[PDB]
Amino acid sequence: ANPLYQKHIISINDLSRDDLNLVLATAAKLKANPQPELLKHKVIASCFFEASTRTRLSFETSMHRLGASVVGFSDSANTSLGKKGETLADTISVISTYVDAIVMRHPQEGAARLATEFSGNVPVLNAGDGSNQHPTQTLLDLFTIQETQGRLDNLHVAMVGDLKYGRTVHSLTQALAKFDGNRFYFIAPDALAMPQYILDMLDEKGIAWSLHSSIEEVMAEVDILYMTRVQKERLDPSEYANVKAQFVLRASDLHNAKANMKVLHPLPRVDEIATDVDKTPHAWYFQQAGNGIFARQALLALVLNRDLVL
Amino acid sequence: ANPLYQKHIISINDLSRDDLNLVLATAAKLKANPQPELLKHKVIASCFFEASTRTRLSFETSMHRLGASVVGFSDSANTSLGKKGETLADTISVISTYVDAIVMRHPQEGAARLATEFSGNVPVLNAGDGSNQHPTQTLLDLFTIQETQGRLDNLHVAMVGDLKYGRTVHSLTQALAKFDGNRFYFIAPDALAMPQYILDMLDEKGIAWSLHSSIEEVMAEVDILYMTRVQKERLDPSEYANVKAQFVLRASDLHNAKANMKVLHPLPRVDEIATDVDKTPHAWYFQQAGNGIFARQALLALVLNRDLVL
Amino acid sequence: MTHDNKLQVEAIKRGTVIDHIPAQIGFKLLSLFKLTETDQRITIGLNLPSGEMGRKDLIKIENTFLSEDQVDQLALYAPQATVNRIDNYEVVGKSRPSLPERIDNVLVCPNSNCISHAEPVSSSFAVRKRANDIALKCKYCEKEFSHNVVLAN
Amino acid sequence: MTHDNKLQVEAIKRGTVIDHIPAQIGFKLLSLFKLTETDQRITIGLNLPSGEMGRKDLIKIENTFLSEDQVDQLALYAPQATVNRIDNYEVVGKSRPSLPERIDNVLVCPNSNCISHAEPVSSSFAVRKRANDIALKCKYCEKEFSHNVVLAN
Ligand SMILES: N[C@@H](CN(O)N=O)C(=O)O
Ligand SMILES: N[C@@H](CN(O)N=O)C(=O)O
Ligand SMILES: [Zn+2]
Ligand SMILES: [Zn+2]
């Protein structure tokens, strides 16, 4: 069957360029020609140990669009899981006897990988494990960039905001570094700069990257403007204000932007992108969000259905 | 000067017969002639790590009646409590530098004894530590029996209720066993009977004891009827009710009682003593509670004031 | 050509020597009593036979002798263990671990609600003998358990 | 029978022996690798004379061999330690602990939020040698630290 058949989808790093291409290819296909009965008699577990509505609704919607059945929860004190000392291991050993696939979201970093060792034959798709991995988020980002730019190589990518803790941009930076000729522009306050280990990686692959203090500094060159969330709880309230400065995007900043540029954002944007931007042709965060359905549908189709789509 | 001056009051078992007599004698003296300025310039800490309003107010009132000042907290989840970080040791090492005495209530067994190793010449009085000790409760009990019966020897003591988990009765039994010729009557559902280790102790000292299923089996010879609280959670609802029988007390049951008998109860009597008992001359649980001020004033007086009172 | 004397530069030094320790206990004592943390040498022999169809562990530490009470601390793990202050057999008359009436720092209270667990205090238990058991009473929570419980932590 | 002596201090036979273990690292290996869970005999010596100027530990465990992906596991603790197979020197290559690609079951992830802590799984870290340092990447949380971090905590 297809290369991802019955494979656990835990980390983006475990995904080869080939894999990414196949997932993105499938995504485009299902988008063009939906297959509502593909996974008809399948039952999928949507296990959100840590709540995350949007990601959960996107994931489950994908399951339904393929015809699969869904059961699950949101352990945010809504269930009766692991009260005293009941392990994640035992939970998986149980649930893995009920369903055909487990989609899980957990607060601890290696949850999905652990699940993998107790789910015998049942595939586990990581919907997010603490500060570590979030495979499908990266896939939907790459898909959006590819669809709006027509390729994933030789692009000018700007990433703004909290580049230090936003593991969303770490995963996306590494994903794009598996393609050639990309140039990166990193805009972030000194206290939240891209980590050195990421720059080390870019250097060793000879990829070009530069630091900048403002978006306007490179607005003219950028193909993709990736806006990130800057959590208040991070810095000091006064610290934030002093830096939020322009790591905030406003319609006015797009005066000299490329006709093809798209502004992306992991989503909760309240404090980073002004609504006046929503009207411009560059705003693509809602479309980006909409693409989560195809990337996640493609992933489920690939691991649960032997042959390729069509 | 006095034997208990500057000593820690942690377990009723560390108290010798003479200590009990001294505390009780002091309590009676302060009851007959108050000394409102005895602890005038003292500052005492009322640390209720575990909330216990009744015994807390009783303890604090005792402090004020001797003229001392009070600082403290019923950190019943309403203090900048060590976010499960700061050790009890550190808390005590700090507090012991502010006050002259520490009265503490804690959920864990051994708390007060541990405080003892970190306080600095600052005496610690145990207001209760989990299911272990409650020294002052036994003292007020003993004091109340002595006042009403004129002695603590050659008495007929009945203990009704939860004898398995009611640690106040375990302590009171062991304290009365330090006196001669006492006779015990244990009335409790078989699932909550007196622990064998207690019966072993009594046999070791040749103290006479026996088991009974109802209070009306011994009402005739009892000098003291100690009623215990029975928390339904200790059993299942259907079980509780089933045994509930007569292990509850009501006026009609005291028809053949001895003129001198007093009915005692640690409190929370909601489910054991019917209110039609309150009017009889035998009801003495509210007087019993009122004696807590004297027994606890006495301890504070002894540990913080070198010379005896009256 | 005959080398007379019997010796091979092996068993010679003024240190202490604990022997006839039940198998799978030697390592327990080393760990439990932190004896390998000294700077002076130690000779350890594990699973080295002695006589009957029995097991046997051995520990040899030098330039140091264990106090009277220290020896007893073996009573619970090395019952009837034999010791020998060895400058050259300085063992007193008959030194075999006796049951101490108090055991600290090694046992762990089985009571989960004992204050002793999350605190900077050394564990401490009172010892008393019964039939088919040994009772240990926690210094802190004052609860009593049989050594079979305290040892199977 | 062909074995020939009664040596409780220093002997030989069909068994593996680890050589030149730094002081205070010998007992560590005994614990970390449960080398005393054997039924086979074991003879250890600690804080003994070294290369004419220091101190070292010595571990001799009879009737048992070590492998390549095992001796290596000593790399992070006993680097310059030699391992002479001793069925009677049937050793081949200059057996010295090299850095393994993976180190399992012994290390503890410094990351407190790592799923490995409250679960029935074995620790597992990828190894990468650094200038003046060694990077260990947790199989689970995928966080990377220096052995200096992983060995302290
Ligand atoms: N996934 C987010 C919540 N969110 O926005 N869901 O759509 C979180 O858990 O932080
Ligand atoms: N009985 C309560 C204290 N309290 O307020 N009693 O009246 C306790 O043990 O926590
Ligand atoms: Zn305890
Ligand atoms: Zn980890």
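To find a chain's letter, count down the sequence lines: the first is A, the second B. Residues 1-310, in that order, are what chain A shows, numbered as in the PDB entry. Per the PDB entry, chain B residues shown: 1-310, in order. For chain C, we keep the numbers from the PDB entry: what you see runs 1-153, in order. So for chain D, numbering is the PDB entry's, and the shown residues are 1-153, in order. As a textbook-style caveat: the illustration shows part of the entry, and contacts are counted within that part alone. One-based numbering, in listed order, for ligands and for the atoms of each. The basis for the numbers below is simple: all heavy atoms, side chains too, and nothing from hydrogens, waters or symmetry mates.
Here the macromolecule bound to ligand 2 with the most contacts is known in UniProt as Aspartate carbamoyltransferase catalytic subunit. PDB records name the drug found at ligand 2 as L-alanosine.
Chains touching L-alanosine (ligand 2) with a heavy atom below 4.0 Å, listed by letter, come to B. Listed in the PDB entry as the source organism of chain B is Escherichia coli. When hydrogens are left out, the protein atom nearest atom 7 (O) of L-alanosine (ligand 2) is B/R54 CB, 2.4 Å; that is the closest non-hydrogen contact. The contact set between L-alanosine (ligand 2) and B/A51, taken as ligand atoms under 4.0 Å from a residue heavy atom, comprises 10 (O). Nearby ligands and ions of L-alanosine (ligand 2), counting only those under 4.0 Å: none. According to UniProt's carbamoyl phosphate-binding annotation of chain B, the residues with a heavy atom under 4.0 Å from L-alanosine (ligand 2) are as follows: B/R54, B/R105. Considering both main-chain and side-chain atoms, B/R105 comes within under 3.5 Å of L-alanosine (ligand 2) through a nitrogen or oxygen pair.
Between B/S52 and L-alanosine (ligand 2), at least one pair of N/O atoms sits closer than 3.5 Å. Under a 4.0 Å non-hydrogen cut-off, the residues that form the binding site of L-alanosine (ligand 2) are B/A51, B/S52, B/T53, B/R54, B/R105.
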